[PDB]
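Convention: sequence-line order gives letters A, B, ...; per-chain numbering from 1. All heavy atoms count here, side chains included; hydrogens, waters and symmetry mates do not. As the structure lists them, so they are numbered: ligands from 1, and atoms in each ligand from 1. Lab note: partial entry displayed, contacts enumerated inside displayed portion only.
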Amino acid sequence: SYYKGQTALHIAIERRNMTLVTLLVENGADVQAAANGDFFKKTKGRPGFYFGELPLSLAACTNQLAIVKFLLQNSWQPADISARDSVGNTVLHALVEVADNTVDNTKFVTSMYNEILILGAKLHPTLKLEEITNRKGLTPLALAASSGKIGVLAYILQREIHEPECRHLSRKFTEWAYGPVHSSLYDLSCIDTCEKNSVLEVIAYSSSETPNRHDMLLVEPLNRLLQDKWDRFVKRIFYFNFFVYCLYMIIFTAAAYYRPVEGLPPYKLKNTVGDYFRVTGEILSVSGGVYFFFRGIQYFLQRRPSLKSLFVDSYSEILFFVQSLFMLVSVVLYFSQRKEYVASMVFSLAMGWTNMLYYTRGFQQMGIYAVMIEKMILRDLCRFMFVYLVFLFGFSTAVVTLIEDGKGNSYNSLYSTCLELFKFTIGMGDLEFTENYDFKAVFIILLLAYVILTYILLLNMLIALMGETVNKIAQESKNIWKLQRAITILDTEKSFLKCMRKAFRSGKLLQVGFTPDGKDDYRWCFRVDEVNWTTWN
Amino acid sequence: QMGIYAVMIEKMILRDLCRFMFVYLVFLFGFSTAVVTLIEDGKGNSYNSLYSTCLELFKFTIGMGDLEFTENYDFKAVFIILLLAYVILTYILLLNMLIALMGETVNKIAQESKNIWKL
Amino acid sequence: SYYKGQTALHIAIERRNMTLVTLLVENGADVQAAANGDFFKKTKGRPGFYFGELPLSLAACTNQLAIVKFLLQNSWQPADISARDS
Ligand SMILES: CC(=O)Nc1nc2c(Oc3cc(-c4ccc(C(F)(F)F)cc4)ncn3)cccc2s1
Ligand code: NA
C-alpha cells in the first residue's frame with residue numbers, strides 16, 4: 001500500500017542516508033519493496049516518482065553512485081538485478097524511464113547507465129540484461145526509441161567501451177587505422193530487421209506526440225543505413241511506380257474526355273474499333289479505384305490513427321482514399337440509371353491529377369516545397385479564409401438589403417452579390433455593377449469600405465505572415481521530408497515481404513570481438529569511414 | 001549595381017521559377033481536363049477543346065479571368081466549385097508562396113550574387 | 001606492390017617512431033620506397049593516404065618536424081628533395 005507498502009529502505013535511502021542503510025542491512029534489510037503507492041506508482045496523474053518498485057531503482061534514479069554500488073556489492077542481499085517490478089521494468093528500464101532530455105539529465109543518465117551495466121557484467125556474466133522484456137513488450141532500446149529520448153538512444157547506438165576484460169558489450173568496434181583515417185564497424189543487430197519492435201520501425205510509425213520523432217534519424221548508423229538502402233534497391237521501384245501511376249492517369253483522362261453523350265446512363269456497346277478501347281479504359285480505371293480503396297482500408301485498420309493525428313500524420317493517405325471513394329461512388333451511380341455520375345467522375349479526375357505531388361518526395365528540392373504547401377494549407381490559409389468569409393458575408397448581406405430591383409436585374413439573390421464581391425477579391429470586380437439602388441452614396445461607401453478592408457489590408461497581411469512563417473519553418477519542412485522518405489523506404493522494403501527479403505538486407509556479416517564466454521561475436525556491421533586531424537589519438 | 005540584378009534574375013530563373021512552374025502546371029492541367037470533361041457543348045461555343053479551357057485558366061492566373069465564361073454545362077454547382085477551388089489553390093496560395101520564397105532567397109544570396117558578378 | 005612495395009620505413013615512420021628510424025638508417029635505410037599500394041596510391045576510391053611515394057613525403061604530410069628535419073639532415077642518404085613520384 002502507500003505507506004504500508006513503503007519499506008524502511010525506500011524513505012530511508014530517499015534522504016541520502018548511507019549510515020542508515022549500512023546499519024539496516026548490516027542486521028538485514030529486505031530488497032523487495034513492493035511499493036505500489038499511488039504517489040510512487042506509474043500513475044502520471046499522481047504527483048510523485050516512478051523510480052521503481054525495488055529500492056535499487058530508487059537509489060539509481062537519484063544521483064547516488066554509492067548506494068547503487070553498495071546495495072549490489074553488499075556482503076549479502078545483492079538485490080537480484082533481473083528483478084521484474086509490477087510493470088516489469090528492470091533497473092535499466094527505470095533508468096530510461098526517468099531520463100529527461102535536458103543536457104544535465106543526459107550526463108546523469110548516460111553516466112549511470114554505463115557504470116550499472118559494467119557492474120552487472122562483473123556480477124553474473126551470463127545474463128544479457130539489455131534484452132529483458134517488459135509487460136507491454138519492449139527492450140530498453142525499444143523504450144528509449146518509442147517514448148523518445150535523443151540522448152539515451154545516441155549513447156546506446158554509439159556505445160563504445162574499453163577495459164578489454166569484458167568489452168563485448170559495445171557498438172563502435174574500431175578497425176584498422178593509419179594516420180588521420182580510421183574505419184569503424186557498427187552493430188546493427190536490433191536496428192534494421194528483427195524482433196517485434198525494431199528501432200527503425202518505432203521511430204517512423206509513431207504518433208506525432210512523441211517528442212522529436214523527426215530528429216532521431218540523425219544519430220549515426222540510422223541515416224547512412226537508410227541512404228544505403230535507398231541507393232541500392234529502393235530507387236528503381238519508386239520510379240517505376242511513378243511511371244505506372246502517370247500512365248494510369250492518362251488512360252483515365254482519355255476515357256473521361258470521350259464520354260458518349262446521348263441517352264440516360266447504361267450505354268450499349270457498338271462494334272467499332274474505338275468503342276472497345278473505351279471499354280478497356282473504363283475497366284482499367286475502375287480496377288485502379290478498387291485497389292486504392294482496399295489499400296486505404298488496410299492502412300486504417302492496421303495502424304489505427306487517432307482523431308488528431310488523422311490529418312497531422314496522414315495527409316497523402318486520406319487523399320488517396322477520398323479519390324478512390326469518389327471513383328467508386330461514380331461507378332455505383334453510373335449503373336443505377338442516373339446522369340449525376342459526371343460530377344463524381346469529374347471530382348475523381350481532378351483529385352487524381354492533383355495527387356501526383358505524392359511522388360515529389362523522391363527528389364530533395366521538391367519534397368520541401370510540397371511539405372511547405374501542406375503546412376500552410378493547414379496553418380495560414382484557414383484563418384484568413386474564415387475572417388475574409390465573415391467580411392464578405394456581412395458586406396454582401398448589407399448591399400443585398402440595400403438593392404431594390406423594383407424596376408443586371410436579378411441581383412437580389414445573395415448568391416449573385418457574394419459572387420460579385422469575390423470577383424472584387426480576384427482583381428476583376430466592377431464598382432458600378434448595378435444601378436437599381438436608391439442612394440448612390442451608401443452603395444459606394446460600402447463598396448469602398450469592402451475594398452479597403454479586404455483587397456488592400458488582409459491580402460498583404462497574409463503575404464507578411466506567409467513570409468514570416470517561411471523564414472521560421474524552412475528547417476522543420478526539411479526534417480518532415482526526411483521522415484517521409486524514411487516512411488516510404490520502410491514501406492517499399494516491406495511490400496516485397498512475400499516476394500523476397502534476402503537481398504533487402506543491408507550490412508555485412510562481420511566478426512570483430514569476442515565474448516567473456518570465449519566465443520565470437522557474429523554481428524551485421526556497417527562501415528562508416530571518418531577522418532580527424534585534431535584527435536590524433 | 002546592375003550586374004548584381006542580372007545575376008540575381010539568372011539565379012532565380014534556374015532555382016525558384018522552375019519548381020513553381022511545374023507544380024502550377026500540374027494544377028492547371030488537372031482542373032482544365034476536369035472542366036473540359038464536364039462541359040457539354042451539345043447546343044463561346046467551341047469551348048470543348050482543351051486549349052481554350054487551359055488558356056482561360058491561365059487568364060485566371062494573370063488577373064483577367066472570368067467566372068462565368070461559359071453556360072453550356074449541365075450542373076452549375078460543380079462548375080463553380082471547381083473554379084473556386086482552382087482560384088484558392090493557385091491564385092491565393094501558390095503565388096504568395098513564390099513571393100515568400102523569392103524574398104527568402106534574396107536575403108540568402110545577396111552576397112553570392114555579388115561574388116558571381118566579380119568573377 | 002601493396003605490402004611488398006611497402007618498405008620498412010613507411011610503416012616504420014607511420015607510428016611516430018624516431019628511435020626506430022635512428023637505428024634503421026644508422027645501419028642504412030633506403031629512401032626510395034616506390035609504394036604504389038592501392039591503399040597508398042593516388043586512387044581516391046581507395047580509402048587511404050597519398051602522402052607520397054617517398055617516405056620523406058610520409059613524414060611531411062604528417063605533423064613530424066623531427067623526421068622531416070632528420071631524413072634530410074641525417075649524415076647520409078638525405079633523400080633527394082627533387083624526387084619525382086609516380
Ligand atoms: C496524395 C496527395 O494528394 N499528396 C499531396 N497533395 C497535395 C496538394 O493537393 C491537394 C489537393 C486538394 C484538392 C481538394 C479538392 C479538390 C476538388 F476541387 F477537386 F474537389 C481538388 C484538390 N486538397 C489538398 N491538397 C496540395 C499541396 C500539398 C500536397 S501533398
Ligand atoms: Na491584379
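- At ligand 1 one finds the drug AMG-517.
- The letters of other chains with a heavy atom under 4.0 Å from AMG-517 (ligand 1) are A, B.
- Nearest protein heavy-atom contact of atom 23 (N) of AMG-517 (ligand 1) is A:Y315 OH, 3.9 Å.
- Less than 4.0 angstrom separates some heavy atom of A:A350 from each of these atoms of AMG-517 (ligand 1): 19 (F).
- For atom 16 (C) of AMG-517 (ligand 1), no protein non-hydrogen atom is found at a distance below 4.0 Å.
- Heavy atoms of B:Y86 stay at 4.0 angstrom or farther from AMG-517 (ligand 1).
- The protein non-hydrogen atom at the shortest distance from atom 18 (F) of AMG-517 (ligand 1) is B:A85 CB, 3.5 Å.
- The protein heavy atom nearest to atom 27 (C) of AMG-517 (ligand 1) is A:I373 CG2, 3.3 Å.
- A heavy atom lies under 4.0 Å from AMG-517 (ligand 1) in the transmembrane segments of chain A that UniProt numbers, from the N terminus, as 3, 4.
- Residues of chain A that UniProt annotates as binding resiniferatoxin and that have a non-hydrogen atom under 4.0 Å from AMG-517 (ligand 1): A:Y315, A:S316, A:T354.
- Taking only nitrogen or oxygen atoms, main chain and side chain alike, A:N355 reaches within less than 3.5 Å of AMG-517 (ligand 1).
- With a cut-off of 4.0 Å, there are no other ligands or ions near AMG-517 (ligand 1).
- In this structure, residues within 4.0 Å of AMG-517 (ligand 1) (heavy atoms) are A:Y315, A:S316, A:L319, A:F320, A:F347, A:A350, A:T354, A:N355, A:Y358, A:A370, A:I373, B:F31, B:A85.
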Using a cut-off of under 3.5 Å, which N/O atoms of AMG-517 (ligand 1) pair up with protein N/O atoms, and what distance separates each pair?
from	atom 1	to	atom 2	distance (Å)
AMG-517 (ligand 1)	3 (O)	A:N355	OD1	2.6
AMG-517 (ligand 1)	25 (N)	A:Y315	OH	3.4

